[PDB]
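The model below depicts deoxynucleoside kinase holding zidovudine.
In what follows, every chain begins at residue 1, and chains take the letters A, B, ... in the order their sequences are listed. Quick note: numbers below take in every heavy atom, side chains included, and nothing from hydrogens, waters or symmetry partners. Atoms within each ligand, like the ligands themselves, are counted from 1 in listed order. If you're wondering, the header gives X-ray crystallography, 2.8 Å.
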Amino acid sequence: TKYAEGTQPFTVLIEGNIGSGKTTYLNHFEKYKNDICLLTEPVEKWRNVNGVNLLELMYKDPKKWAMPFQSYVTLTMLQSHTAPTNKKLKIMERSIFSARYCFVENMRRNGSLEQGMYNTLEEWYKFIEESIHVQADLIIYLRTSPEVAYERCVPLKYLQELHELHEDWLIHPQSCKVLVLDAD
Amino acid sequence: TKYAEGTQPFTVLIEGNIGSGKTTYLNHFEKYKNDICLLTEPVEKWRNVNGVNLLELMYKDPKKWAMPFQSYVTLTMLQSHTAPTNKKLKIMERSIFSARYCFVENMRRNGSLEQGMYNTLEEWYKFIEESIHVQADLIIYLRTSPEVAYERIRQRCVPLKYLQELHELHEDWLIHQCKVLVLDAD
Ligand SMILES: Cc1cn([C@H]2C[C@H](N=[N+]=[N-])[C@@H](CO)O2)c(=O)[nH]c1=O
Ligand SMILES: Cc1cn([C@H]2C[C@H](N=[N+]=[N-])[C@@H](CO)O2)c(=O)[nH]c1=O
């Protein structure tokens, strides 16, 4: 009864802070193109919504554009999450879950998302779990230290905030199995 | 395969401009509470999102709040559209369709919704039709004239130009091409 229920293979979610080596990690699998479904984070889509670059706009003026940006990120995640495939294994770089628990939650904390905006997104997150099937069998957490992530130009404080949020979500509900890797 | 597919009875959508008499029309059915599922426009939800009054905020500063407001409207619409019921007939005041084709579209035209915002909502509207079943068997269009609507409201306050814009949009969607039933609400 939920959309895309029973249409997805075993699904692996690569999660990690900015600069935890996620793109590198997903590339290792590229020689298996033919047997694995590989979906990188849809940044390209965020950079071009029928011509509009939502990513730049968000950097430019977060108070105004964080809401539409995160709303759109959420959508793209669903698009990946529910995309059909005949492959027997599927790996995604980030997910609806990182978007909600890390990026949106952080924007609330630093007040990029005002109360009304945050709540609209949250209400959508709740409706999404009732209505849309998000296949998630294993998270692979490329755990790092904010400082190491820093070496590979977002501020360091931001990376620490995001680090704590990934730590809260993945180490300290979701009874999906997590696999911690030292990416230091 | 779409959410809420096969879960809904015959559904009637009451559409109309602001002040076309929609609330009055839905009330006629209230004596059939027991046999008809009656869902008024979720204004109450818009007025209180865990405490936040999105309706108010929108009126005060549309450039900022139109996006989250319409995003939330869309959601509430889906909530009504997909709500389960054992009744054999269901009537909604407004719908995801009016919110998309009239209110959102109008906010684009008058630049309350900047290009990026409008597009995010549209992308969501497209995903919503792929993924979520919206039961709609009959629209009842309470057709009126902007002037009469302006009147009916003034007596009961939207500017008149807004009601005209909305009127044209309802006209485009419902008249100048689900079965539609036009009523003269003048
Ligand atoms: C998944 C996700 C990424 N992002 C940002 C962080 C990254 N910034 N840089 N450089 C960018 C690409 O991952 O998008 C976001 O703001 N919200 C989100 O939900
Ligand atoms: C359905 C809908 C209503 N509205 C507004 C118009 C109405 N304004 N007044 N008075 C209010 C209640 O219908 O909500 C909106 O802005 N977007 C929508 O999608």
So, zidovudine - where exactly in the structure, counting duplicates? ligands 1 and 2
Can you give me the letters of other chains with a heavy atom under 4.0 Å from zidovudine (ligand 2)? B
Site residues for zidovudine (ligand 2), heavy atoms under 4.0 Å: B:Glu41, B:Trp46, B:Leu55, B:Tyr59, B:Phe69, B:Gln70, B:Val73, B:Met77, B:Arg94, B:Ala99, B:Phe103, B:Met107
Hey, which of the UniProt active-site residues in chain B is closest to zidovudine (ligand 2)? Heavy-atom distance to 1 Å would be great too. B:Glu93, 7 Å
Considering only heavy atoms, which residues of chain B annotated by UniProt as ATP-binding lie under 4.0 Å from zidovudine (ligand 2)? none
